Student: 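Okay, here's the structure, questions in a sec.
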There are 2 protein chains.
Amino acid sequence: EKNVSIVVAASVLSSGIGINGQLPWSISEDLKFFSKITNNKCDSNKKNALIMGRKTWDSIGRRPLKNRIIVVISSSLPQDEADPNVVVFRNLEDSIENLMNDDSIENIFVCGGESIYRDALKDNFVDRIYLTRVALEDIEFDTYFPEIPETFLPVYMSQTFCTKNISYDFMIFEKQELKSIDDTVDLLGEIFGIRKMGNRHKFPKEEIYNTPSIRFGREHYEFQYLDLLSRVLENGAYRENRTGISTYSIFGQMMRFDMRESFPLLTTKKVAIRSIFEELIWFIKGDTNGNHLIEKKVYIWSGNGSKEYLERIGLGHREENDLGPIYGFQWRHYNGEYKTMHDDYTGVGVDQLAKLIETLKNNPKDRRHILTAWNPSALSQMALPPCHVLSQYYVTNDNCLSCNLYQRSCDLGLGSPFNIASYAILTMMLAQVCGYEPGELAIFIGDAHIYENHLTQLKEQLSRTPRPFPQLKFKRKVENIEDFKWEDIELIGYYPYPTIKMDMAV
Amino acid sequence: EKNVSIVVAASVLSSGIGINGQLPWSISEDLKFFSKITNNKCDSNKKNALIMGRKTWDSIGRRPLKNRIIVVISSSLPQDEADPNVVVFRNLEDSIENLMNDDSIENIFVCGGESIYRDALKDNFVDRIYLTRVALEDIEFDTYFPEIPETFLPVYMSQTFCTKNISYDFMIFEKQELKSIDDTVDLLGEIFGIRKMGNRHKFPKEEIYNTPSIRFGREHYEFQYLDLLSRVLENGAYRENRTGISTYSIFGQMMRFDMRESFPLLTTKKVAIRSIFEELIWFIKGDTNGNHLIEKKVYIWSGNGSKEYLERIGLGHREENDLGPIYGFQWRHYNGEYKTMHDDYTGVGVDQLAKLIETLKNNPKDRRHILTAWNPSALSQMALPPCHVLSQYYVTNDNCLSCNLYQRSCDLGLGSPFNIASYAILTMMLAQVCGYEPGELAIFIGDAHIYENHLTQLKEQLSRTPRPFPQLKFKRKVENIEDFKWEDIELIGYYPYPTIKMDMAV
Ligand SMILES: NC(=O)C1=CN([C@@H]2O[C@H](COP(=O)(O)OP(=O)(O)OC[C@H]3O[C@@H](n4cnc5c(N)ncnc54)[C@H](OP(=O)(O)O)[C@@H]3O)[C@@H](O)[C@H]2O)C=CC1
Ligand SMILES: NC(=O)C1=CN([C@@H]2O[C@H](COP(=O)(O)OP(=O)(O)OC[C@H]3O[C@@H](n4cnc5c(N)ncnc54)[C@H](OP(=O)(O)O)[C@@H]3O)[C@@H](O)[C@H]2O)C=CC1
Ligand SMILES: CN(Cc1cnc2nc(N)nc(N)c2n1)c1ccc(C(=O)N[C@@H](CCC(=O)O)C(=O)O)cc1
Ligand SMILES: CN(Cc1cnc2nc(N)nc(N)c2n1)c1ccc(C(=O)N[C@@H](CCC(=O)O)C(=O)O)cc1
Ligand SMILES: COc1ccc(C(=O)O)c(NC(=O)c2ccc(Cc3c[nH]c4nc(N)[nH]c(=O)c34)cc2)c1
Ligand SMILES: COc1ccc(C(=O)O)c(NC(=O)c2ccc(Cc3c[nH]c4nc(N)[nH]c(=O)c34)cc2)c1
Ligand SMILES: O=c1[nH]c(=O)n([C@H]2C[C@H](O)[C@@H](COP(=O)(O)O)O2)cc1F
Ligand SMILES: O=c1[nH]c(=O)n([C@H]2C[C@H](O)[C@@H](COP(=O)(O)O)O2)cc1F
């Protein structure tokens, strides 16, 4: 008995693998993966066998692959014995029976087009599936990869990679047919109740774990958000808050995302990326006028900015959407004497963002690149205290800009998908203006919570296996960071699940 | 062949297990652990065998244990058949007959005093060791647990638990004699270099991993600091900084500690706990006069408070140790016009700490319990910008006080052990003044680094297997939080490794 794995690079949605006898794409690193996964063997005196159909054998030039043995499935090709690295069989079945019991062969790989993929799964010959999900769908395919049978479960999903602005994943699918430590920890959990901290951070149950079959291969960094949801649904304490909608809350959580090879925009739900940007540039410009977002069809600050809400918190003297000194005011005019949203605050206050950009490129290894928004002297004047209170930035030795954010209160479901992408765009903006590349984004959270009217919505989101992250590139290089416009943003390869409506708690 | 494990509760240093025919302590949760570990079986029609010496059989009243079979090793006790739950053997070797003959026994446990522990290890009869390390050493013992032979390696170390102000651990020692995901992840790391985020966060090598045999049982929360050291020594980028001493730096790390059942004071080195307190109460009183610490034999702010250093950073107008508006000033007088360290700042500024204590007990579920020290309007006047910039506090549903701290720059080796205990004491002080209990402490770190002159020292610290955390209790309840004194603090059960001298980078 030996192992028979499928290697395939297919589209993310329709599972397309070819067009007009060739690939729909040219990804160098993906072919390198095919090379390394098919050469992976234990015995140096053995070789791996690569099974492929004739039309696929034509697409690779009918030339052998080093250190491997190509098995071509063809009804017409002559069974030439002159080439030992290429053998022909009349059907797929006689090429599995012959490869196994052939001690010179260690592993078997199926990789030969739709006709071979489809008949290898229908006849139950395949043990593993190496899938490369490529985020390209608005093009034309003519050969597809069959739908993965239910007998297979995913066990690994890599981080999203980027080649020529094309996002792709790497997944492993297995066919589903030390313990003394686990016993002792369970016994200690019975003796001590909540006294054992492990019981206060119980591992989420399978019913609330997104794609629970991926146990050890949760490399895709959207799991940093999906698993935080699961940890809240498992350990969240039911608590009241300033609004009429209670939450399930835990304390002290973190999420980290890559920004070099992808953009952390959630794929399990269509995230309103346009509104995220318009709010971010609204912060950068130092603007606290809530109408300037409503004038651009962005209504995320209408609830916390209505006349009825402001009178409720004792700010009835403000205009209809005068949010007061908040994120935008503290970034550009810290400790500035706020009057109204119509006054001219040029020069007043401490321009943190300007000093940040100046310090990022003049003293890159300075570990004080800090942008804060928590000003106790102005909290009473704010329509809402800052949720993302403090961010720190870091220039790596390879000229990348990483970002750390501390968030005191995190509305998973509404605020969190925005904060993940918002500070991701901000770091990219800071990276271009300072002449660096994007690095990493880590979000440290205080009150990570889920509003009780988001439960059926967020549980629906957990039922969706993540897709590769999109790409975010800028159309032009900007002089000043304030000059960014929405038209200057290109969102490449974003194929999310349908949007999920969730009401905001005012 | 069947499993033979040792269950023992011994002292932390001298490994004392008894005195005058009884235990040196009375810990209820430990006996329950003995009960659950010796009753844990797979077959319901089988029983576990507990081997013990005669003197131990006397200490438990010569009465059977439910659902188990006691095996007494005695040269004088008659081999009476009237009790089926108690059997006597003339030597330890002839009592290991449960492996061969008596199939009715599923597991074997040795737990019967020094004479039985010592010759059971000398004759290589033991497979596992369940160790309960009790932090009691300045008392009298007369029977000890033998030194664990090198053939055993620790595989688990629980968090520190507390019973009647006594700290204890739980450890497992083993006798030393699918991987398709790991291959795929390794290959992806060869294709993409630093592009794969996993390669920028490499798992530390065994040569720098503290107690590397404990792979899956790193529950003791001192590992949250020791593994951060290893994570820095593995991925730390060599970088220059404001001092003449370069560091190995990574970005975006976190440590979380329990405070309910223990106090996070590092045991791998004798940490100057008194200096940590005297600095913290110095912060609480709003004091920025560096002499008040030197007058109390606390010299941690002497380097950043020399006349030569102050002139170097452009503060030559200050007195010898006028550190300027820092942690203490921003906590009690935020946005206060600082003059010198001799002026009376009573009433000026925003007293965050007073508002924090006021809001903590009046609005416990308010997710805005934030104490910040990052004031950009005053950074230029500070002798050193705040390293621990922002802390948030959280009241759990069971009336516990958890704490989150964001630290922009973390000197592992000097500042970090201080920052761990400092904010642990601060959270405990806030818990008493507000009427709560200690909860959890999480420290989110930006620039986690190791100064290059701390390398040989921190590698020495990593060679020391951690010991259970101590306990920190207050002698009296205080009226105002400022009234705490060093004599009001009791440090119970702190048995650390010898101190490690490390020079501070000015
Ligand atoms: N993205 C990816 O991972 C991959 C993509 N591709 C692409 O897919 C396309 C090719 O796939 P596809 O169109 O399905 O062609 P195939 O690669 O599946 O090859 C089919 C040929 O194999 C022979 N064959 C197939 N089934 C049998 C059978 N049951 N008995 C006997 N002979 C059989 C036939 O040749 P004959 O007429 O001689 O009998 C048939 O024409 C190309 O574009 C290729 O580049 C290919 C591999 C991988
Ligand atoms: N903290 C913990 O986990 C534990 C602590 N203890 C403590 O340890 C103390 C007891 O230990 P200890 O003083 O060493 O006494 P032991 O419990 O080890 O019992 C010793 C007796 O066992 C018999 N015995 C021992 N070796 C042999 C042998 N080679 N052949 C025949 N008989 C043998 C002898 O009894 P005889 O005279 O009849 O021949 C001997 O007096 C007590 O204080 C007890 O509370 C005990 C167990 C666990
Ligand atoms: C069968 N076929 C089509 C093809 C293309 N992309 C794929 N991508 C994936 N992920 N899986 C496949 N099965 C796959 N198959 C192939 C097979 C090998 C090579 C190839 O040139 N392999 C070289 C790769 C050389 C390199 O790029 O480093 C090797 O050394 O194996 C190209 C197309
Ligand atoms: C042999 N002996 C001395 C003793 C005391 N403390 C220890 N502690 C540890 N961790 N390991 C031991 N082997 C150990 N042995 C014993 C053994 C059993 C009981 C005992 O009362 N056991 C009850 C515990 C009942 C309970 O508190 O729930 C049981 O059900 O097993 C006391 C002393
Ligand atoms: C996922 O589904 C969708 C689809 C579309 C949109 C969209 O804007 O088009 C969307 N976002 C929102 O509605 C949204 C609203 C407010 C904020 C910021 C904010 C200010 N005050 C707050 N108070 C609380 N409690 N929570 C918060 O998040 C905030 C962010 C997002 C969500
Ligand atoms: C672990 O071994 C020992 C033993 C004894 C002592 C002891 O004081 O007795 C000790 N601590 C220190 O020397 C020490 C010095 C300064 C601080 C705070 C601080 C202010 N400015 C800084 N600048 C940098 N770069 N780093 C920093 O840590 C700080 C904390 C600790 C360490
Ligand atoms: O950027 C934001 N991120 C966020 O998580 N919230 C949510 C968190 C919480 O639901 C609410 C904060 O209100 P409070 O912390 O005062 O209870 O806003 C709001 C934002 F604007
Ligand atoms: O409480 C402290 N914590 C801490 O980690 N440091 C260290 C971190 C770093 O080595 C230095 C901060 O100086 P800077 O970050 O400006 O380089 O002090 C200092 C303190 F006072």
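Quick note on labels: first sequence line is chain A, next is B, and so on, each numbered from 1. One-based numbering, in listed order, for ligands and for the atoms of each. Heads up, header says this was done by X-ray crystallography, 2.8 Å.
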Student: Can you identify the drug molecule modeled at ligand 3?
Tutor: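 That would be methotrexate.
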Student: For methotrexate (ligand 3), which chain gives the most heavy-atom pairs within 4.5 Å, and what name does the PDB entry use for it?
Tutor: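 Most heavy-atom pairs under 4.5 Å are with Bifunctional dihydrofolate reductase-thymidylate synthase.
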Student: Which other chains line methotrexate (ligand 3) with heavy atoms at under 4.0 Å?
Tutor: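 Other chains, by heavy atom: A.
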Student: Report the binding site of methotrexate (ligand 3) using a heavy-atom cut-off of 4.0 Å.
Tutor: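 Within 4.0 Å on heavy atoms: A:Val7, A:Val8, A:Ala9, A:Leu23, A:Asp30, A:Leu31, A:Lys32, A:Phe34, A:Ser35, A:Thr56, A:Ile60, A:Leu65, A:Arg68, A:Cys111, A:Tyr117, A:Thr132.
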